[PDB]
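First up is the structure itself, then whatever we jot down about it.
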Protein chains: 4
Amino acid sequence: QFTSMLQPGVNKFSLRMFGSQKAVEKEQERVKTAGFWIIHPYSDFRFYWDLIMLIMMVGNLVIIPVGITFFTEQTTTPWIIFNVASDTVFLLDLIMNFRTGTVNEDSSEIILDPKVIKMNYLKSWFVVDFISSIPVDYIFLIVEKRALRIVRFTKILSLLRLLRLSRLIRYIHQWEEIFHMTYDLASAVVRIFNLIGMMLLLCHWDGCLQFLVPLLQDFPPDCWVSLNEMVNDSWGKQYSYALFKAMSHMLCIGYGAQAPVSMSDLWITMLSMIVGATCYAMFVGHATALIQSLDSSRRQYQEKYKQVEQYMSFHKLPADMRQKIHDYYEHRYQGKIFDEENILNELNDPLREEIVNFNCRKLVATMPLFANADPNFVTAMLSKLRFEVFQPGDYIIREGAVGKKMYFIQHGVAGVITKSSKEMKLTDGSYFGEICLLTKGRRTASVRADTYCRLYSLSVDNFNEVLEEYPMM
Amino acid sequence: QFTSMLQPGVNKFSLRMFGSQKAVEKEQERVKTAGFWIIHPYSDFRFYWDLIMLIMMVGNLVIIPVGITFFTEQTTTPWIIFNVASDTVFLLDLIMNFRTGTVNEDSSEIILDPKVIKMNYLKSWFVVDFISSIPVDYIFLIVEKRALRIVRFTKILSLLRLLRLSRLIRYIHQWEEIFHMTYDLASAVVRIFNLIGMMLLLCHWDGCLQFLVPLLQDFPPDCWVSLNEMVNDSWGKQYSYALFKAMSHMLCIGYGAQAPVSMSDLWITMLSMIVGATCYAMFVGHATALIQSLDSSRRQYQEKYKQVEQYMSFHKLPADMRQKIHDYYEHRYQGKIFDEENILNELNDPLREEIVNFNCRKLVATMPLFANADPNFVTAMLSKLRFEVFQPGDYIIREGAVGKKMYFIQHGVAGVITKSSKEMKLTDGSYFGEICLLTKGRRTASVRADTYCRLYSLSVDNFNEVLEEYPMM
Amino acid sequence: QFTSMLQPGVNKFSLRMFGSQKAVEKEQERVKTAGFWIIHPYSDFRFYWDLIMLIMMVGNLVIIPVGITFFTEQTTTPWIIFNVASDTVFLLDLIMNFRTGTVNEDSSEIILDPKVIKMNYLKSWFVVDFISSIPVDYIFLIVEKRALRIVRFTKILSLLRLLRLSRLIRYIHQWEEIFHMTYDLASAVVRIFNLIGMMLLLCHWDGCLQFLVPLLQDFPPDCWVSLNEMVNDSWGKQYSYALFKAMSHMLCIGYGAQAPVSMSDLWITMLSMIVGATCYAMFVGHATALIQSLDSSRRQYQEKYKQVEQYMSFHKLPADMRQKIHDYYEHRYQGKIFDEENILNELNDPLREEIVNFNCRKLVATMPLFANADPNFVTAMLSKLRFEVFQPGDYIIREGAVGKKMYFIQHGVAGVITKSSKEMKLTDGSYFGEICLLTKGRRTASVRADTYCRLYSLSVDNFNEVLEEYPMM
Amino acid sequence: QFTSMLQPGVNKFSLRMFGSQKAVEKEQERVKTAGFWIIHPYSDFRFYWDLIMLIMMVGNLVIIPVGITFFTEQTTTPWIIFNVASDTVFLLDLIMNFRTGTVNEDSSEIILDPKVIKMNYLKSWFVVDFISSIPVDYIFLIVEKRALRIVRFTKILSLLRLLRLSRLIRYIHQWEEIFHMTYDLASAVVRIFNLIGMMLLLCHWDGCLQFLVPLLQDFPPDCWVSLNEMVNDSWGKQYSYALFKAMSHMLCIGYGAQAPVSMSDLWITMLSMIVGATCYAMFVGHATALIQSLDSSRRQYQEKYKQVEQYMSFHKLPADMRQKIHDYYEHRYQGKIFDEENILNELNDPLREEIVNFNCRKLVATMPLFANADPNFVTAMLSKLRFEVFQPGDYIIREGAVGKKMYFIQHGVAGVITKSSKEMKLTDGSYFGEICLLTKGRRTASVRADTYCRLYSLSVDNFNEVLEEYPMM
Ligand SMILES: COc1cc2c(cc1OC)CC(=O)N(CCCN(C)C[C@H]1Cc3cc(OC)c(OC)cc31)CC2
Ligand SMILES: CC(C)CCC[C@@H](C)[C@H]1CC[C@H]2[C@@H]3CC=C4C[C@@H](O)CC[C@]4(C)[C@H]3CC[C@]12C
Ligand SMILES: CC(C)CCC[C@@H](C)[C@H]1CC[C@H]2[C@@H]3CC=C4C[C@@H](O)CC[C@]4(C)[C@H]3CC[C@]12C
Ligand SMILES: CC(C)CCC[C@@H](C)[C@H]1CC[C@H]2[C@@H]3CC=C4C[C@@H](O)CC[C@]4(C)[C@H]3CC[C@]12C
Ligand SMILES: CC(C)CCC[C@@H](C)[C@H]1CC[C@H]2[C@@H]3CC=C4C[C@@H](O)CC[C@]4(C)[C@H]3CC[C@]12C
């Protein structure tokens, strides 16, 4: 199964990235050119290793800053097992990254193990990854073995293990893009969550820095730790007030107790103020983009109607006409912005036929002429039907006018006013204007909408074009 | 009338959601399939019950947090009548929700009482609604009947009645969507008001939490209540300073008196800081969307002219030509962005005829050829007329050029320069270029705009097409 | 001249609102129907009275709050002359508003003095305007003439003169709309300035309220004035610290000295915090809209190229082809988003001819065939020319291919590779492909761009269409 | 080389601004009309002088405010060499600006030395530039030579050298526009960086002002310097706390130590609060524009699909059909918004042919009819091919239907269901519907997609049109 895990298995993502099985099976074979040493970027092992690393790299980036800053002994047996075990998992990841193909913009997944992948990692992120993976602090401690300066350096050297933020950022970005293909995550929701994670991590690290700079200076008499008398407090009361102090600078509220007296404090407060304000300005920006994208369809309709109001304003249309047009837009588009012609053009011939049959088949089927027609012909006619809304009192057809189009009534109560009978109120499902299909003369009756009336109009020219394609009918 | 209230009555919303009466009367009959136990989501009873619940659920969500936090006795007769009466109204609502059809995306309103509605509520919000409706606090008090721990639990158990926020949020969203169909509320104004309501409610609850966590700990010596000496103050001075403290953290101003000394305070301040900053970031985001949507039409014109400036920049047009084009855009579009062809195409044949007659009928009626024509023919010609603005000094028609279009003058003072008379200044309402309609030769006079001149041009080809449809004229 | 001032004079705004002189002179006559009692909303008297009122209403809204709050005696002779003189100017304005026509959306300017204007003001803003104009404080003082309560009421009654904010807001909105027609003020710059004015005015009034509520309570012992010992300080040190306190709550910085001890202070601080945060959220929103509209043209190009990158990504085009396409877009559109077809269609026939002659006349004039042609024919051909950019190495024409288009070279160095001579490098202004105009055969030479090459192509079909219109040439 | 440096050399910017070499060489000659006294705005000397000035003007605008405010003696030999040397470089720049051509909107680069450039600088920025370049402070000191008032004026007079901000702003804007042509810098990234530079500079200057106003008043007893006892502290502890105080007002956090007691402090704090809040509101605005422009392509796709959802909602399509359409959009556009017709129309004939050959040549080449065709004919057919995605189960071709289009299969497994054989599963690269090219009859087999199936369809009409152009084939 080792070859199977290292190879991109047939999944919804694979079949949507590479075209189809025969394409996925071609890529699986391309990996089999190198042996036991090539992992595909989309491989499930890369998926499983990346899910193991991301849990480990959030835990390390939350436990490691607290362990150096708020605990005096980091050479104790539990902290050496934790830092060696994490460093081993991270060092394996560096070896695996040398043998994992890299997705490439405008190309395939670089896969040649000797130079395509090994010489791209070395020229790119190998150093940041080497410094984070290696236990520099333990190497210095072993080489060096006046101890208090040694303990102060080890604490600074063990924060080179926070460069794993490079891998957490890179791995999250790689798998978020794979998930965007696999699912349709809203871009704004994915982006705001990456910042909320980055803001929480930076607030944790700023809280730790606010106690590390005072700790690495032996708690100077003007440091907040000494001034608030929290040098001897428990790690919880030291961490909670350091996070409180760092969150307060970030959301820019105020301070822990008082304004910074010392120069290490005045500068570490200013770094946490600049980091905090930039993160909040970005959160207000990400929040604005999420809020704009939630109401995009309703905002786009309002921008469409406002332009209709500007047309009416330019032509100075009377207020009565301006309300007839507002009532038409409310009852024609129903608050919905869509382009039927563009949306229908994008759809394939089978999906267009299904949408047209659901919308128009019932009404056309009732008409006697289309009842006995071949389903192929009816489907051609159904495409021709155009949707038209007539407001109350409007004359859909006027007596004595040339008849260029017949109407199928989807909804609304119309009324056929004539000279002989003068009383015929057609309702939902009824058809009018039928005679105007092969006579090419003049309409004998006038139909007036008596309520809004949503109708489907087939123009005599369009009927002829579909009729030309099917000669018998 | 019980059947009538439970059934969706013929209203502007019903006739705009379901197509028309015969459709509304069909739905009213669909409800009559189940008896006395089915309420339509659009029913007026659902409207009236939801208006009763929303007033009750704002009152309960404002009175209930204050009653538990700032008043020691909640077993007094007035607070038991208030909490039993509200719990009865809320419990009825749970029974009614089991028998109310649920609007469904992509479908009808689920209406079958036995499983379509009952088994969807149980699998969805029944629990949150059961916990909020039941008086858990009173059930615990009755079962349990060392009392101080009992009073502290009852206070936490009586805040499970704040889960009614689920119903206030769901009911407000259901009826705001019904109102959006019933009226055209701006999406941004509706969304900002839902946040201002949610921000005010969260600020009220954070103020109460800031006194409840200290109260449930017997006012510990480091709590703000004890430090500011407000343990024995009136409920007004305790509530006002707790709201002041919670609003200050939310708008991120500062603190009530000093930075939090205790760990319950440092953590409850940090929760109110994170809740407050996220609510304000969302208010700055909702404010940006309201401000962008108020000036959408003016912003869209500026983006249209900026593109004209970019065309002029690419072609490096001289500054004099760039000002002639700016003056044309000011006097043609008048600061208004609209697409006449798209806006006219959307309108039905009667509304298009009305807009065209108001804009063009007066001018065409003056012309002698169109004066005696059948109103049907004139309406066809009026559609052909195209609107054209000629700047001062422009030559609308040049002598000796082939004549392909005649001009009707809506506004502006033109002037007919010829060789014989050489002085004829036509003004508003005048027509020129008329001879170029059936001669198909060359123009004998040159007309120069002497002011901006808004004219309507009928091309000889368009005159022929309308003339082809009406043979006699 | 009294009739002339009350009548809308022929100005750039009048001639752009009403169509032209004969339309403006028609409106001037419509005003002359009522006598000495009708002022047109666009009248210059309305302009001059509104410029007098706006200076007076900013001065009153800045001097009047300070005079009541920071000065004990407002019955002194200088403050009675100032408040009577301002009240007289404001009372005249109420009389004039009864006789000024009101611009109406979807209509003309309501002008009938007896009911169209008088009964619309009474039903609209007469009350707010009556309360602001009348000296209620002086009427109460005269009627009432235990004095300390009288002085406290008069101070509250004299703040009903701050309702003139209604007129400043209405007059600024009326004249900003008139200026938008008169000039093209950016909407965002006009809107941000209205808020900066409203924010400065609300900050001034919040500063005064922070000292008025303590003053109207005889400086209670817990008020900030008494706690900071500023009861007996000069009006400058009392106003400056009250503005500092109100600006600090508004920009949400902190407090003047300490968090509010009293309940009048805790509530007046909370009102100034909610007013301040809403104004700042709106300033961040107006700033976002100004910043987005400054770079609209550059942002729109980036959105256009990003879509080209998405087309290339979907088709998985090789990285080399992706760079050829990026270089084409840089050298064809030059970072400019414009639609030549839409921008040209909007322009009138004279402006289109001028832009086409400047862009193309020099190059076409050099060609021998078009040199002797009638300027009418050349102008028709110049419209047909299409702009095309060929990248270095591209083959503009290939030997042996059917010739459907000739090329005029605007810029770039091409090269004619043939079999006989095989060396001819054409440069700026040169024409190639000329033989392919009346032969309808095959090209004998292949022209390869040797640098980018911006050329104008005239298709043989387009040459024939212009040639069809002019038979002799 | 002096003439060469002053002349616009042939560079990527020059060849993209002026059309090509022959155009650049024409401009180089236009400069040679004036002698040794005309520098082109795009000249490399202007580039090199502007890069020298910008380093010098950032250094002066950072060192000069600190030198006046935090150092008592500015007449010392090192500060006189620094201020004379910088003033000499700045005075040369004023002389050079008199002889450098100015880029002009809508025109060429003003180049005539006597009046085009000299009389435009004098009427524009000569004064601000003269006041900044001249050492006013030293001129006053020499003329004047009771000394403490002289030292206080000199400190105010030496801040007229901060008007060089005019040149830093103008030079940065000129060279950022030149770089935008030279490279495609994102507008949002360039604009946010100009603000981060302006915010850092204003925060530096506000920190210095907070100590200069107290210094110029002899450290009054209520000034923060005296109250925090920092009058005698080192320049580092005075500057660091003044910057801390000014950054705190700007990001609106709080204060250095306490709220301002004196009136110089209450007003200098209010100026730094208004300057700081306006800069942060602009940073939140620039951050919103950068964040919106990073995800423009993904946001635009979501707005396109939301409109498809609104079309489906208006027609009330069943939920099953709504999921077939969502799956089509995911597998047709693949999350990418692009307009193939618009993107292809913009590209030149060679780039369109290359994109079409890469996308379609392999599949068409396999077909036997197109295998022996002339490459010219195949390229014409390849343009006709249209891309179509058929979902699983869809019938691409139905037996007995008239055949109007043949299909080339790019990806997916189809299946040819017939009556005779009834089993033929075509895969990637296969072609079906071929017989429907010259028969004009009815299809004998029905092909059903058995997986998504991305195919290229050539319509019989389009095949005929390309076949009409090439008669032999
Ligand atoms: C961060 O601040 C700096 C910014 C910059 C540079 C240095 C900086 O450090 C002070 C480098 C530089 O000069 N260029 C880039 C050098 C690359 N070349 C290709 C562009 C430059 C060289 C040249 C020459 C030109 O004359 C034709 C010209 O057109 C005006 C433009 C240019 C501008 C950016
Ligand atoms: C809800 C719909 C619109 C889909 C949106 C998907 C969202 C909710 C998902 C997709 C990927 C997710 C992210 C994946 C990984 C991380 C990194 C971690 O350190 C913090 C959480 C964070 C940032 C997740 C937050 C939630 C997330 C952004
Ligand atoms: C003014 C025009 C554009 C129409 C806009 C309608 C606005 C003003 C209306 C429509 C529905 C209304 C909301 C309905 C119910 C609630 C919940 C309540 O707890 C707070 C107020 C709030 C949130 C209302 C605020 C105002 C509101 C949003
Ligand atoms: C600079 C270009 C884009 C044109 C923009 C015009 C701007 C600068 C002008 C037009 C009208 C002006 C406003 C007119 C009247 C007032 C009310 C006053 O109490 C404060 C200033 C304020 C709000 C002005 C600010 C500047 C303003 C908004
Ligand atoms: C990264 C891609 C998108 C290109 C963007 C270019 C950006 C990073 C470059 C282009 C020009 C640059 C600016 C040029 C000059 C200055 C003035 C200086 O006082 C502060 C930095 C600042 C403001 C630079 C910041 C970075 C900058 C804005």
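Order of the sequence lines sets the chain letters (A, B, ...), proteins ahead of strands, with each chain counted from 1. Counting starts at 1 for both ligands and their atoms, following the listed order. Per deposition record, electron microscopy, 3.2 Å.
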Quiz item: Can you identify the drug or drug candidate present at ligand 1?
Solution: ivabradine
Quiz item: Looking at this structure, what macromolecule is in contact with ivabradine the most, according to UniProt?
Solution: Potassium/sodium hyperpolarization-activated cyclic nucleotide-gated channel 1
Quiz item: Which other chains are heavy-atom neighbours of ivabradine at a cut-off of 4.0 Å?
Solution: D
Quiz item: Which transmembrane segments, counted from the N terminus in UniProt, of chain D have a heavy atom under 4.0 Å from ivabradine?
Solution: 1, 4
